[PDB]
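The model presented next includes bretazenil.
All chains are named by letter (A, B, ...) in the order of the sequence lines, taking the proteins before the strands, and each is independently numbered beginning at 1. As the structure lists them, so they are numbered: ligands from 1, and atoms in each ligand from 1.
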Amino acid sequence: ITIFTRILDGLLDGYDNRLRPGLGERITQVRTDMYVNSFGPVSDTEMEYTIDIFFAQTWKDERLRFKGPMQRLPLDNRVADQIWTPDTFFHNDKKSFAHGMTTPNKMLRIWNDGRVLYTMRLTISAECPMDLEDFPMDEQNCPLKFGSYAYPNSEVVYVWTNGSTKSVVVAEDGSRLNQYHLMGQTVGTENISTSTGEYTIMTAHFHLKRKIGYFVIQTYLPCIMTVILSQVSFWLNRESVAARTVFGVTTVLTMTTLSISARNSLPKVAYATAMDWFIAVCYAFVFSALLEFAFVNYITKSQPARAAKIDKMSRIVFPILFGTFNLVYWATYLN
Amino acid sequence: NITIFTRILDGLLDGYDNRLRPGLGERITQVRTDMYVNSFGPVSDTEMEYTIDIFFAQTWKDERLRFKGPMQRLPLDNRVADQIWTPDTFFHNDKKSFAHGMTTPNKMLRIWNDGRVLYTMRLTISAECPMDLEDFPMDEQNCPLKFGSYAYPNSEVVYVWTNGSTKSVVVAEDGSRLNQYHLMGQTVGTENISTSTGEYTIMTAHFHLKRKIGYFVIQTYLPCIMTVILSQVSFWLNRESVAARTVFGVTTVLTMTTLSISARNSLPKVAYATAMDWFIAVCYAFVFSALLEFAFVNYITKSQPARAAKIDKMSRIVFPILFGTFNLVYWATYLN
Amino acid sequence: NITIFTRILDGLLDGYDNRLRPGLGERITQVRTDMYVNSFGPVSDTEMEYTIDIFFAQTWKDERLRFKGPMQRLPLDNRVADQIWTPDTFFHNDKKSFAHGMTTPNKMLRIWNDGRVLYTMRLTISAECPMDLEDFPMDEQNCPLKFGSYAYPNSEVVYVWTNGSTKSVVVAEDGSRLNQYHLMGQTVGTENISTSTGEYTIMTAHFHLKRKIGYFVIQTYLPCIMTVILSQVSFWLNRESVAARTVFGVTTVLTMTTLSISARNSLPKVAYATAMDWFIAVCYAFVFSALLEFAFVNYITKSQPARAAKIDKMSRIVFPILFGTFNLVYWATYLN
Amino acid sequence: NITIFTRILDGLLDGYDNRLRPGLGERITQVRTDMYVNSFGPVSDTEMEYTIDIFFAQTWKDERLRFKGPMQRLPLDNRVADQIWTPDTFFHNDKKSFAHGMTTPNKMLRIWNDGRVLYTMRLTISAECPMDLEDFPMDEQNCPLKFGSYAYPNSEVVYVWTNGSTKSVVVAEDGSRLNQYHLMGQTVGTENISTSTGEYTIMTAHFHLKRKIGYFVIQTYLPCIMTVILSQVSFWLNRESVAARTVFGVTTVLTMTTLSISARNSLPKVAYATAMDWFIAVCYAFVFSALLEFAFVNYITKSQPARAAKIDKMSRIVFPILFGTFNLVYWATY
Amino acid sequence: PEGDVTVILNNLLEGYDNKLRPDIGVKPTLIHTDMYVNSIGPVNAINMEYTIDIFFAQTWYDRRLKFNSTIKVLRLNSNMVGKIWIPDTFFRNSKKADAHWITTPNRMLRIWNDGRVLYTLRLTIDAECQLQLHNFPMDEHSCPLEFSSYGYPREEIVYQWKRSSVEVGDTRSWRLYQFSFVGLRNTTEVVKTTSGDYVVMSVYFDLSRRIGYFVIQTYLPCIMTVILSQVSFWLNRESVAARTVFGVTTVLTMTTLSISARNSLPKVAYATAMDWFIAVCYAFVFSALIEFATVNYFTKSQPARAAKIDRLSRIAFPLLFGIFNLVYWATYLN
Ligand SMILES: CCCCCCCCCCO[C@@H]1O[C@H](CO)[C@@H](O[C@H]2O[C@H](CO)[C@@H](O)[C@H](O)[C@H]2O)[C@H](O)[C@H]1O
Ligand SMILES: CCCCCCCCCCO[C@@H]1O[C@H](CO)[C@@H](O[C@H]2O[C@H](CO)[C@@H](O)[C@H](O)[C@H]2O)[C@H](O)[C@H]1O
Ligand SMILES: CCCCCCCCCCO[C@@H]1O[C@H](CO)[C@@H](O[C@H]2O[C@H](CO)[C@@H](O)[C@H](O)[C@H]2O)[C@H](O)[C@H]1O
Ligand SMILES: CCCCCCCCCCO[C@@H]1O[C@H](CO)[C@@H](O[C@H]2O[C@H](CO)[C@@H](O)[C@H](O)[C@H]2O)[C@H](O)[C@H]1O
Ligand SMILES: CC(C)(C)OC(=O)c1ncn2c1[C@@H]1CCCN1C(=O)c1c(Br)cccc1-2
Ligand SMILES: CC(C)(C)OC(=O)c1ncn2c1[C@@H]1CCCN1C(=O)c1c(Br)cccc1-2
Ligand SMILES: CC(C)(C)OC(=O)c1ncn2c1[C@@H]1CCCN1C(=O)c1c(Br)cccc1-2
Ligand SMILES: CC(C)(C)OC(=O)c1ncn2c1[C@@H]1CCCN1C(=O)c1c(Br)cccc1-2
Ligand SMILES: CC(C)(C)OC(=O)c1ncn2c1[C@@H]1CCCN1C(=O)c1c(Br)cccc1-2
Ligand SMILES: *[C@@H]1O[C@H](CO)[C@@H](O)[C@H](O)[C@H]1NC(C)=O
Ligand SMILES: *[C@@H]1O[C@H](CO)[C@@H](O)[C@H](O)[C@H]1NC(C)=O
Ligand SMILES: *[C@@H]1O[C@H](CO)[C@@H](O)[C@H](O)[C@H]1NC(C)=O
Ligand SMILES: *[C@@H]1O[C@H](CO)[C@@H](O)[C@H](O)[C@H]1NC(C)=O
Ligand SMILES: *[C@@H]1O[C@H](CO)[C@@H](O)[C@H](O)[C@H]1NC(C)=O
């Protein structure tokens, strides 16, 4: 134990953590790996998502070289503050924090070679802009851009470990989402010239497909059961004017209320979604049904044969014209 | 006396390197851990998480802390905890957590002559509780609390539960009450996991819960059951009162629609049906069927008044039984 | 003058070890505590908690801070509180709390020639207040506030309340006002609890409160009472107006249904019925009964017009009286 | 060598008083400022505020930092930023803000031989954006971002934009992220204001916005337009169908009432009517008038059946035209 | 200049005691306070509080900070506030108080040759203000902001204002939708307690509510619903279902409308001026239904009364509501 205390003091004695390793001589290469402990709740309304990861970085620091009986140096966060570490920052980060209980969740391991292994646990909320045209049969891709803030590529460079495959791992238990399937992950790296230098930002893309089950129960079934209800009016006689009216007047507003209700939970986007269109025609079908009764009742006294006919015909054309719409609707957006 | 203890502390910390765990290169640091749940915090189904207020204790041996003195132990504050080495235990499934700090950090350090350390602290932790809601609201859910070291694998630090004389996990009787759940029990566990940074030993604390049906009986089930019988009152009216019969069906059919959406708005946006959803689904079928009954009755009341009237009399007894028969099987199915 | 106090402070802190409690190995540090509630924070029924903004004072004697000087006290800032030893008092039932910091930390340190220290601070604390809501909205609740040392059992540190002159618990008339509750009064207590880490002396401050019924009279009771009276207006119509009579019942039963769910959403998800729940239940029975009354009358109006018509004439007087008598017994029961 | 830079830093910070601005008693400290909006955050109409994620850069010259060395610029971390003097710039209209901290504080310090300092940092800022919603939801809003020093007036510190006004503020094309607003453009400005603590130079960056009407077309206008059309279907029924005609009027008047409260709940509780309110107001008049029309015809249907019938056949053409013309005038106006 | 000032500061901090107030045992330090309100944030009657953004200042004399030099003032930043003595000023009715840390701690420290110190910091405060919203939404309130020393009673510390006691900023930036800033007054006093007799300093802000929102959100839909219920008078009793819908649905909406109105407001036990308006409107509607039931119970047998009731209701019911509206508004209008 006493031997290692002197090793640490010898490495940190006269060690300036304010300067990156290789300043003015070599670029600091940082191989990075990532393990997603859990994929956090995705907020469509806020166009963001949360993620809890173990973010590891390894670089070579010659000032930390040493010869001893051990092969490395398992240490705590205590030493991480005393040495130099990369100033990595997540570009598209909204709000994030490093877990601190029981102690700062950090790990420092130093090798005789001088290579440093520096991993930490982070929960990050980042922006994930979405296009919701195909909602709720939609797929989304959420990025995670990160890189150095003060050191361009001429001084610090990032690269993925093990190659672009298996560089990023995700715990199967932690990718829990109520509304999305986590299809897969793809990594990337690109240099970008900025007015403060050309930095190398590395990205981790998370592709997602939305689950239709929830909206089937909350929106689609309530709408489909309301359109068929409006069509029951056709099976009544024009003599029951009030009854026929109650059917139409109520089902059109039920359809209106379902629209506003179904949209309140979604982001206030200024364009229609696949759910909106479905609701739109369902409103047309119910409104058409009520308009059908208004027509028969207006001509039932002058053209009772035509008015009566139009009732018998509506009992078959409306369901087919709606049933055929669902066939094309669900086939188009699920293809 | 006070000056004597000042010298004891100085002797232990003189040349003490808290950056190194006890037994580096000599012995693996074994950390026996105990836990006391001061309160089991609110469970958030929508957020799939739960809160918990615990006293988390860890005890290990540090040779450098050997002292000889009049007193056997050393009741101290958090001030010394920062000066000595302590395990870097962390809760894997943690969402967000913090250690209470008022008035001072809620921490306790006790050192015995042997060198054994007792290190306990107060923690409020929000952790993930993945839930399966197929049998909701008559389901049982288990919320884990897996924890272990972050920088020291099993080859350097090992965790173990308190073997005897202290129940490994304790729950305060004052704190365990929950508005929506019964806290059935707790089960502990220990497991090794091979990772690219070593094989760590995570210790688990499972908290098992079964949901309370009282709230949903009154908020969803009774409103649904009272709405289905309302739709059946239509049978006690004459076919001549088409508008009246219509008001019954259209109104109860939409009431059932509203109850569905309302009951699901408060719940997590899961993409699968629950036992409550099915219950609502059939209750919607019964009310829609009742309206469908009048629509059929009203269509043949002029051509077959004997049949139209006859089915209104049997519908008055078949519908309640056919709904009552569903409740008998439904409540027996999920409540046994 | 100023330089004199600077040297006094330096002499007291010179060689002072704040890691050790005063009297370690000779005497237990007794901590006399007083409390002044600057404001009683909002009470959250849903979260089963309450907030409170208090001035929390602790006074003990430190043999090491004895000094002789001109003035008898030492008005100092918070800067010195960190340099000396202070008790590690913590609130057991605390959920989340914080110490006010603007403009400077709300803390005060006063040292006397004797060595006695006065250490007071301003704290806003949210603590658990478990409630039994059987008598809701006519319920009385008692919210505790347990606190004590975390690292020092009774063998090392003990807490005690102040004498009567310095009232143990005071509550500012400016702060106790609550929109939904009356703060009846406060009672203090002290008790030892044997724990696996020692026998600690926890001191409790209980705050008793009864809910204000005004809000629920306007939001739930009147809408329910007016909806049952509305349903009974159906009796004043003729059976010939079948659709009209139906509109009364069908609408009022759902009006009562909606009033339930609306009144049911804002309250904590408790799995048991409250005094309000039963009230809503009876109003639903009276409204549903009114609609069922017409269904029976309309069913026998063709065969027994004398019986059907007469029961409509008595329903006008039995329903209001039978409901008025229900309200009389209801409101009398839960008010006493 | 690394050791060479270690001595350079110590020599500069040795005896360095960061409590004093550079050029104290000789020259006013000029601070050239640049800004890059990494993302334009959500605008909260209810809260009359907006969020923004920027890289806020400030550059000044400090003679005390003049150094001679191998490399002519010194790429450094935040560690040194606290040890030297930096401007105390503050955003006047700031509500609540914070500097990103992961993995390390998002800050950058670069020093040159001349003594010129470059100090940039990443900030997420929530600031006040007072709005006038008379033309809501067809409205344009401008959100400011006033900033300047807190303790140094113009006599001690002065701010100026980089390379003139042009290109001082940039916005990432990926970062222009608003669901409900278009980010038209940005214009900068500078002004001195005399205050009881001195004459400070505040610098402002205005962000102009035009609201997107698409969301409200679906949530408010169409429900209103289709509900008035629903109410007018009543004219095509006979006065004999009193209950039916009543059901139309009774229902559409309350539907229109409900839509107002619903549409109004999401908006700021402003004490003046918006373009949406008026639109809803007339749609309520159109539906209520239709119900009143039936009450009139049904009141005279027995006494003047020719007139009662006349007003029905007349409502079928005058009501739609008067509403269609209103939308023509309404939508054409804005 | 720079070197001189550096030595003046070092020579004033060597033997200085932050932990000791000036005039300790000699006299009571006088603190001349001033305040500039940047904005008045949202009022939250639910928790009986309100937000406020201010530049708060304290100016005391400290003997230990006397320096002889040619310069007049030492314009410095916040880095010196922690290395000198600062009053323990705290706010007695604040629920929470926050400072501003972007870009630097939003504080300034100015020192004169005389020993006078100017210390002002930016603050945002959530102060508790109990509201007697009985005349709501026609209610008038005044809300305080108390602050005193936490540990130095009257003998040790004392406060007093300037003639610039308070200074308000641009009122348009202020996010006060339902209220309008009118008044601002200051008060000094000494409150006695167990720990001592502290001199407390309060500043009241006077706010008068606006009806615009509630007029559109509540009063109008209430006024139109009672009217709709009275259109039922212009229909025949033959169409029983028609006029039954009129009454049943209108009592339904006036009910829902009341709950919708109170939901967004604090849960006060007593009744407000609006609750009364909503209550009597419910009576006007409920009274219209029972009127039809009475007329219906008489129509079949005795069409004498059943006919003249509607004739009089069409005059009284509308005219009795308008007189009530005049009584209501004029009672609170002035
Ligand atoms: C014919 C016209 C009828 C008049 C218009 C009717 C207006 C009332 C519609 C209510 O619909 C609900 O509104 C909630 C609040 O907007 C939504 O809550 C959901 O979404 C909200 C916003 O994202 C969240 O605040 C909630 O927690 C979440 O449950 C919910 O999904 C939606 O069904
Ligand atoms: C007939 C055709 C039209 C369909 C029906 C339209 C109306 C929709 C019903 C709304 O019902 C409410 O929805 C809230 C959410 O929107 C729920 O809030 C609950 O759940 C929310 C989200 O979980 C929380 O934010 C709330 O605090 C909590 O009270 C609440 O329980 C539920 O009664
Ligand atoms: C004429 C008969 C009587 C009618 C009385 C009114 C009937 C009920 C209308 C409710 O309308 C909803 O209210 C929500 C709550 O106010 C709004 O939520 C929206 O706005 C809220 C406030 O900004 C947010 O809290 C929510 O998250 C957001 O979804 C939502 O848009 C709106 O449609
Ligand atoms: C037939 C019997 C009666 C049945 C009544 C059922 C419907 C209840 C009416 C709901 O009205 C809405 O309630 C919201 C609360 O649920 C309010 O939200 C407002 O106030 C809430 C609490 O202050 C906030 O949470 C919201 O963001 C804010 O929009 C909103 O203004 C109000 O219009
Ligand atoms: C994958 C990567 C190198 C970026 O990860 C770490 O470097 C890291 N950092 C911390 N930990 C790890 C390892 C690696 C595999 C996942 N993993 C863990 O989950 C874990 C565990 Br089970 C217990 C204690 C520490 C860690
Ligand atoms: C059980 C366990 C070892 C895991 O617990 C602690 O080590 C611990 N840590 C803190 N405290 C305790 C004891 C132990 C029993 C519960 N208990 C307390 O509740 C308590 C009390 Br009443 C007052 C002061 C300190 C504590
Ligand atoms: C009673 C106790 C020792 C527990 O007293 C405090 O803890 C305390 N701490 C600070 N202050 C107080 C006293 C106590 C009585 C009311 N009171 C105050 O409210 C107050 C006031 Br008005 C101004 C300045 C300081 C204080
Ligand atoms: C434009 C301005 C001077 C106000 O900006 C900076 O001074 C700054 N500060 C930090 N960074 C930058 C550059 C400039 C362009 C945007 N930009 C970045 O996005 C970036 C990146 Br990709 C990686 C590392 C650092 C930065
Ligand atoms: C007069 C008073 C003591 C109440 O003064 C402050 O409290 C204060 N403290 C800081 N600042 C101010 C002055 C006051 C007038 C407006 N005003 C400012 O807004 C401001 C500005 Br524009 C820039 C830099 C500092 C300040
Ligand atoms: C970006 O810079 C790195 C480091 O010089 C280099 O390896 C890489 O090839 C460059 N571009 C791309 C597209 O990889
Ligand atoms: C973990 O590894 C250690 C060391 O081999 C062993 O003693 C222990 O039994 C293992 N635990 C499990 C759960 O496999
Ligand atoms: C608490 O401890 C003291 C000292 O041992 C004892 O006198 C007192 O009776 C104890 N109180 C309780 C409730 O046990
Ligand atoms: C400062 O000025 C006063 C008044 O002239 C004088 O008494 C004192 O000696 C001077 N101090 C110094 C350091 O010059
Ligand atoms: C209060 O404010 C007024 C107006 O500025 C001022 O004249 C008066 O002196 C102030 N009074 C106090 C006690 O601050």
Is it possible to name all ligands or chains that make up bretazenil, including repeats?
ligands 5, 6, 7, 8 and 9
Most-contacted chain near bretazenil (ligand 8) (per UniProt)
Gamma-aminobutyric acid receptor subunit alpha-5
I'd love to know which other chains sit under 4.0 Å from bretazenil (ligand 8), counting non-hydrogen atoms.
A, D
Taking 4.0 Å as the limit for heavy-atom contacts, which would you say applies to A/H91 with bretazenil (ligand 8): side chain only, backbone only, both, or neither?
side chain
Protein heavy atom at shortest distance from atom 25 (C) of bretazenil (ligand 8)
A/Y149 O, 3.1 Å
Using non-hydrogen atoms of the residue, decide whether D/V170 is closer than 4.0 angstrom to bretazenil (ligand 8).
no
List the transmembrane segments of chain A, numbered from the N terminus as in UniProt, that have a heavy atom under 4.0 Å from bretazenil (ligand 8).
none
Is there a heavy atom in A/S195 that sits closer than 4.0 Å to bretazenil (ligand 8)?
yes
Side chain, backbone, both or neither: which applies to A/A150 and bretazenil (ligand 8) if a contact is any heavy-atom pair less than 4.0 Å apart?
neither
Tell me which part of D/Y36 gets within contact of bretazenil (ligand 8): side chain, backbone, both or neither, using heavy atoms under 4.0 Å.
both
Touching bretazenil (ligand 8) at all, D/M108? Heavy atoms, strictly under 4.0 Å?
no
Can you report which non-hydrogen protein atom sits closest to atom 13 (C) of bretazenil (ligand 8), along with the distance?
A/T196 OG1, 3.3 Å
Close-contact set for bretazenil (ligand 8) against A/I192 heavy atoms, below 4.0 Å
22 (Br)
Nearest option to atom 2 (C) of bretazenil (ligand 8), as decided by whichever heavy atom of D/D34, D/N38, D/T59 sits closest
D/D34
Please identify which atoms of bretazenil (ligand 8) are closer than 4.0 Å to at least one heavy atom of D/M35.
4 (C)
Tell me, which protein residue and heavy-atom name are nearest atom 19 (O) of bretazenil (ligand 8), and how many Å apart are they?
D/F55 CE1, 3.0 Å
When you look for heavy atoms under 4.0 Å from bretazenil (ligand 8), do you find them on the side chain of D/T120, its backbone, both, or neither?
side chain
Report yes or no: does A/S148 have a heavy atom closer than 4.0 Å to bretazenil (ligand 8)?
yes
With a cut-off of 4.0 Å on heavy-atom distances, which residues and nucleotides contact bretazenil (ligand 8)?
A/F89, A/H91, A/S148, A/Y149, A/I192, A/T194, A/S195, A/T196, A/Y199, D/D34, D/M35, D/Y36, D/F55, D/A57, D/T120
Ligand-protein N/O pairs under 3.5 Å (bretazenil (ligand 8)):
unit_1                : atom_1 : unit_2 : atom_2 : d
bretazenil (ligand 8) : 7 (O)  : D/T120 : OG1    : 3.3
bretazenil (ligand 8) : 9 (N)  : A/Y149 : OH     : 3.4
bretazenil (ligand 8) : 9 (N)  : D/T120 : OG1    : 3.0

